[PDB]
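Section: structure with minocycline.
Naming: A, B, ... by sequence-line order, numbering from 1 per chain. Technique stated in the header: X-ray crystallography, 3.4 Å. Ligands are counted one by one from 1 in listed order, and the atoms in each one are counted from 1 as well.
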Amino acid sequence: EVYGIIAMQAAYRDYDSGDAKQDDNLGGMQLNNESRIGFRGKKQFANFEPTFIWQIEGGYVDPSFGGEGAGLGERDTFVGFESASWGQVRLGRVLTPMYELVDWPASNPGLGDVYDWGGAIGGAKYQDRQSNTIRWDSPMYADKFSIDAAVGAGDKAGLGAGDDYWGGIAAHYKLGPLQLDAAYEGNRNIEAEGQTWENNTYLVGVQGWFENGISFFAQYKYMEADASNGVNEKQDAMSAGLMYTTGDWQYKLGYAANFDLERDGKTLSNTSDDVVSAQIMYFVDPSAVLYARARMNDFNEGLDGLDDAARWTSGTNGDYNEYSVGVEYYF
Amino acid sequence: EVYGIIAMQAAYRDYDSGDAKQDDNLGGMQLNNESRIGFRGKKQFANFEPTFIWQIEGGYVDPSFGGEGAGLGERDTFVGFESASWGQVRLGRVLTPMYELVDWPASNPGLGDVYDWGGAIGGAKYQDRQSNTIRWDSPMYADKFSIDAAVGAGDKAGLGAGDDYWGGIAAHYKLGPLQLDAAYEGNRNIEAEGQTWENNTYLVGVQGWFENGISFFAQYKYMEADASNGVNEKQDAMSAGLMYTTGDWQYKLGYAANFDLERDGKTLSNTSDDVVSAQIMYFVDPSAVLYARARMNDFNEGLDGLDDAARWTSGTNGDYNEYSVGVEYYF
Amino acid sequence: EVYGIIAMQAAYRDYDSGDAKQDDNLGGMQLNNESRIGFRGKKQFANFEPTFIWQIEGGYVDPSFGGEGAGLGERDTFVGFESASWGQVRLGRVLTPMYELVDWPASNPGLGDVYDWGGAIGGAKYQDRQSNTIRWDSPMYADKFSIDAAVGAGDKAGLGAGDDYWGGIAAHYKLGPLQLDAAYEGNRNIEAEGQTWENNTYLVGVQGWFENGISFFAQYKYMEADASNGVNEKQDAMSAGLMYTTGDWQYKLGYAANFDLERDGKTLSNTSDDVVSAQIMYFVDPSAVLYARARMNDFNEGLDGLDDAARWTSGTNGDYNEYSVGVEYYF
Ligand SMILES: CN(C)c1ccc(O)c2c1C[C@H]1C[C@H]3[C@H](N(C)C)C(O)=C(C(N)=O)C(=O)[C@@]3(O)C(O)=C1C2=O
Ligand code: NA
Ligand code: NA
Ligand code: NA
Ligand code: NA
Ligand code: NA
Ligand code: NA
Ligand code: NA
Ligand code: NA
C-alpha cells in the first residue's frame with residue numbers, strides 16, 4: 001500500500017542577523033514542501049505468530065532552504081514484528097523514544113528551531129532518526145500505560161567512522177483526560193570538539209484534552225553532558241502550548257525556550273533561546289487541514305566549544321520572524 | 001494515482017571539438033533512460049469549493065551522461081487548487097510559463113541544446129522548471145483564449161544564498177487551426193560573473209494543425225540582460241518545425257538557432273548556434289511511440305563573461321551530431 | 001506494478017586490522033537494510049508482436065556502512081521486448097551475463113567480499129550492474145539450454161569521460177539434476193593506474209539440487225588483465241557452497257578464494273583472499289526466510305598498482321569476522 005502525506009507551507013521569513021547581505025539571503029519567501037510518499041505493509045508468516053511488518057517512507061520532496069528530490073527510506077524505514085500481547089519491535093530507522101515527544105507535542109506550532117535542535121550543549125543531546133536501531137513499543141497496558149524503549153548505533157558509527165551508541169526509554173500514562181510523559185536518552189562515545197562526550201538527557205511532560213475545547217502540553221527537558229577531558233555542561237528547556245478548539249477551528253499558542261548554559265559550574269551569559277508563535281487552523285476535511293502561523297525567534301549570542309572554536313547552534317544563523325500559510329493532507 | 005512515462009533513447013553522438021580525446025570521451029553510444037514515476041491526485045475538501053490537487057513526479061532514472069537513480073519530486077511537484085470559474089493555481093515546483101513554450105512546440109526534436117538552455121547571453125535568461133513558485137492557469141475563455149502567469153523565487157534564493165526572484169506570463173489564442181503563443185519572463189537579482197543582472201525575455205510563436213496532415217510551429221525569442229555595472233547584452237533566436245502525418249507516421253524537420261550576441265551594441269562575432277534535425281515516428285500503440293531521428297548541432301566559438309573568464313554555453317563541449325532510436329510509453 | 005523486496009540484516013562485524021581505532025570504527029553492530037522497491041510492467045503494443053516490458057527498481061534504502069535514502073533506478077532499470085520465438089532483449093541498466101553467475105550462486109552466504117568485488121587484478125575484472133547496456137536473454141531451448149549475451153558502455157564512458165566498453169556471454173545447459181554453467185566477459189579501454197587495460201574473465205561452474213536434500217555449487221573464475229605499458233596480470237579464484245535441506249530448514253556452508261596474483265610471470269607474495277561461512281536458514285513463509293550466519297575473511301597484505309601507489313582491494317580495511325541474523329521478504 002502507498003500512503004502519502006501532502007504538506008505545503010508558504011513561509012516568508014524576516015531575518016535580523018546584523019549583516020544585511022546575509023539577511024537578504026536567509027530571509028525572503030520560500031515554499032517548504034514536506035510532502036512524502038511511502039510504502040508499508042504486513043504479512044502473516046505461515047510459521048510465525050508475530051506479524052511481520054515493514055515500511056519504507058521517502059523524504060521531504062522539496063523542503064525550504066534545500067534542493068528538490070528525496071529518495072526512499074529517508075524517513076521511518078524499517079522491518080519488525082508485532083504481537084498483541086507484547087507490542088511491537090522494529091529494526092531500522094525510527095524515532096528515538098524521547099524524540100517522539102520533542103516533536104509531538106513539544107515542537108507543535110513551529111517551535112522546533114528552539115526545542116528540537118536549538119541547543120547550546122556540546123556532545124549530542126538526543127537523536128532525530130538513527131538508521132541502526134532496535135526499538136520496542138509496549139502495548140497499552142489496561143489501555144492506559146505504555147512503555148517505549150530503544151537502543152541503536154550512533155551517527156558516525158553507522159558509517160564505520162566511530163563507535164557512537166545510544167539508548168533511550170520513555171513512558172506514558174493516560175489518567176482520565178491527562179497524559180504524563182517521561183523520557184531518557186543517553187549517548188556515548190560522541191566525538192565532537194576534539195573530545196569524546198557522554199550525554200544524559202531527561203524529559204518530563206503532560207497533556208490534556210477537555211470537552212470545553214482547551215488542549216495543552218507542557219514539558220521540561222534537562223540536558224547534561226560530560227566531556228572526556230573532564231568538562232561538564234548543563235542546559236535545560238521547556239515547551240508549552242495552549243489551544244482552544246471550536247467547531248472546525250483551532251487557535252494555538254506555543255512557547256519554547258532553552259535557558260542559559262552552564263559549563264563547569266560557570267554560566268555562559270546570553271546563550272538562551274526563546275520562541276513565541278501563534279497559529280490558526282481550519283479542519284477543511286476529515287483528511288486535511290489549512291493553517292496560518294506567525295512566530296518570533298530570539299537566539300543566543302554565541303558559544304565556543306571545548307576546542308577554542310565556536311560551536312554551532314540553531315541560532316548560529318541569527319534571529320528571525322516568520323509568517324506562513326500551509327496545507328497538509330493525509331492518505 | 002501512479003503515473004509513469006517510460007522513455008528510452010539509444011543515441012550515438014559524433015562530437016567535433018578540436019581535441020580527439022574529448023571527442024572519444026564525449027562521443028560514442030549511450031542509453032538515455034528518461035523514464036519517471038510519479039504520484040498525483042485530486043481531493044474535494046468537504047469544507048471548501050475548490051478541488052485540491054497535488055502531484056509528486058520523480059526524475060529521470062538514468063539519463064545519458066549521468067549517474068543512476070533520481071528521487072521523487074525532481075520534476076513537476078506541487079500542490080494547488082482549481083475551480084472551473086477562475087482556473088487553477090499550483091504552488092511548489094512547476095515549469096515557468098515561457099519555458100512551456102520553449103520546451104513543447106519549440107525544443108523537440110533535439111533543438112533543446114540550442115533553443116532550450118543553449119543561449120550565449122549573460123545573466124539568466126529564464127527558468128527551466130524552478131521550485132518555490134506559484135502558478136495560475138486560466139480557463140479557456142470564450143473557448144478561444146487562455147492565459148498563464150506565475151512568480152517564484154530564484155535559484156540562489158531558494159537556498160538562502162541570495163535574493164533572486166522572477167515573474168512571467170504567457171497567453172494563447174486559437175484562430176481556427178492556428179494557435180498564437182506569446183510570453184514574457186524577467187529575472188532580477190541574478191548574481192553571476194561578479195555582477196548582478198536583470199534579464200528580460202520575450203517570445204512570440206504560432207502552431208497549426210491541418211486536416212490534410214500538415215502541421216508546423218514557428219517561434220521568435222527575444223533575450224535581453226542588463227548588468228549592474230551598466231553593461232547590456234541582447235541576443236535573439238528562433239525555432240521552427242514542420243511535420244507531415246500520414247496513417248501511423250509523423251515525419252518531422254526542425255530548425256532552431258541562437259543568433260549573434262551584442263554586448264553594449266557591439267556584436268560579438270561567431271557566438272551563434274543552430275541545430276538541424278529530422279525525425280521519423282511510428283505510433284506503435286495508442287499508449288506508446290517509436291522513433292528514429294538524426295540531428296546536427298553547430299555551436300558557438302566562445303565568449304568571455306564580464307569577469308575576464310570564459311562563459312559556459314551549450315557549445316562549450318563542441319559541435320556534435322547524433323543518431324538515435326527511442327521508445328516512449330505512457331501509463 | 002509495484003514489487004518490494006524487503007530485506008534487513010543485523011550484522012556484528014569484528015575487525016582485526018592492526019590499528020584498533022580502525023577496528024572500533026569499522027567493527028561493531030550495524031543494521032544493513034537492503035529493502036528495495038521497484039516498478040515493472042508489460043504492454044502489448046497494438047501495432048507490434050514483441051511484447052513491451054519495462055522496470056524501474058530502487059536501490060538499498062539503508063545499507064550498512066552507508067547513509068539513508070536511495071533514488072529510483074539504482075538497480076535493474078530497463079526497457080525491452082520479449083517474444084516466444086527469440087527470447088528477450090532489454091536496454092538500459094542490467095546485470096552483466098557473468099556477474100549473474102558470480103552473484104548466484106557463488107557469492108552468498110557472505111562470500112561476495114572475496115568472490116564478487118574482491119580481487120587483486122588490475123584494470124576492471126568485470127562489471128557488476130551496468131547502465132548503457134543491451135542484453136539479449138535467450139529462451140530455454142529444448143527446456144534445457146539457454147544463452148545470455150550483452151554489450152554495453154563502460155563505467156567512465158557513461159558520464160562522457162572516456163570510451164571504456166565491454167561485452168559478455170554465458171551459457172547454461174541442464175543435464176538432469178545438474179546444471180553446467182560457463183561464462184565470459186571482456187573489458188576494453190579501461191583507464192587505471194596511468195595505463196589502459198583490457199580485461200578478460202572466464203567462469204565455469206556447476207549447480208545441483210537433489211530430492212535427497214543435498215544441493216551444491218562450485219565455480220572457477222579465471223581473470224587475466226593486460227596493461228598499456230605491456231604488463232600482464234593474472235589472478236584466478238574459486239567458490240563453492242554445499243547445503244542440506246530438512247523440512248523448513250537449510251543448512252549452508254560456503255567457501256571462496258582468490259589466489260595469489262601473478263604479474264609478468266612472477267607471483268606477488270600473500271595476495272590471496274579466502275572466506276568461509278556457515279548459515280542456518282528458516283523458510284518461515286513461501287515468500288520469506290529467517291537466517292543466521294557467521295563468516296571469516298582473511299584478505300591480502302597489499303599490492304602496489306602500476307603507479308607505485310597502493311591498489312585498493314576488499315582487504316584494504318583488514319581481516320574481519322561477522323555474525324548476523326536477517327530477514328528476506330518478497331513483493
Ligand atoms: C556556468 N554553469 C552554471 C555551469 C558550470 C559548470 C558546469 O559543469 C555546468 C554549468 C551549467 C549547467 C547547466 C545544466 C542545465 N540545468 C539542469 C538547468 C541543463 O538543463 C543541462 C541539460 N543537459 O539539460 C545541462 O547540461 C546542465 O546540467 C549542465 O551540464 C551544466 C554544467 O555542467
Ligand atoms: Na542523528
Ligand atoms: Na508506543
Ligand atoms: Na548513462
Ligand atoms: Na534555474
Ligand atoms: Na494553461
Ligand atoms: Na532569500
Ligand atoms: Na560498474
Ligand atoms: Na537467461
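- Counting all copies, minocycline can be found at ligand 1.
- Counting heavy-atom pairs under 4.5 Å, the chain with the most contacts to minocycline (ligand 1) is listed in the PDB entry as Chitoporin.
- Other chains having non-hydrogen atoms less than 4.0 Å from minocycline (ligand 1): B.
- Under a 4.0 Å non-hydrogen cut-off, the residues that form the binding site of minocycline (ligand 1) are B:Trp117, B:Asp128, B:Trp312.
- The organism that the entry gives for chain B is Vibrio harveyi.
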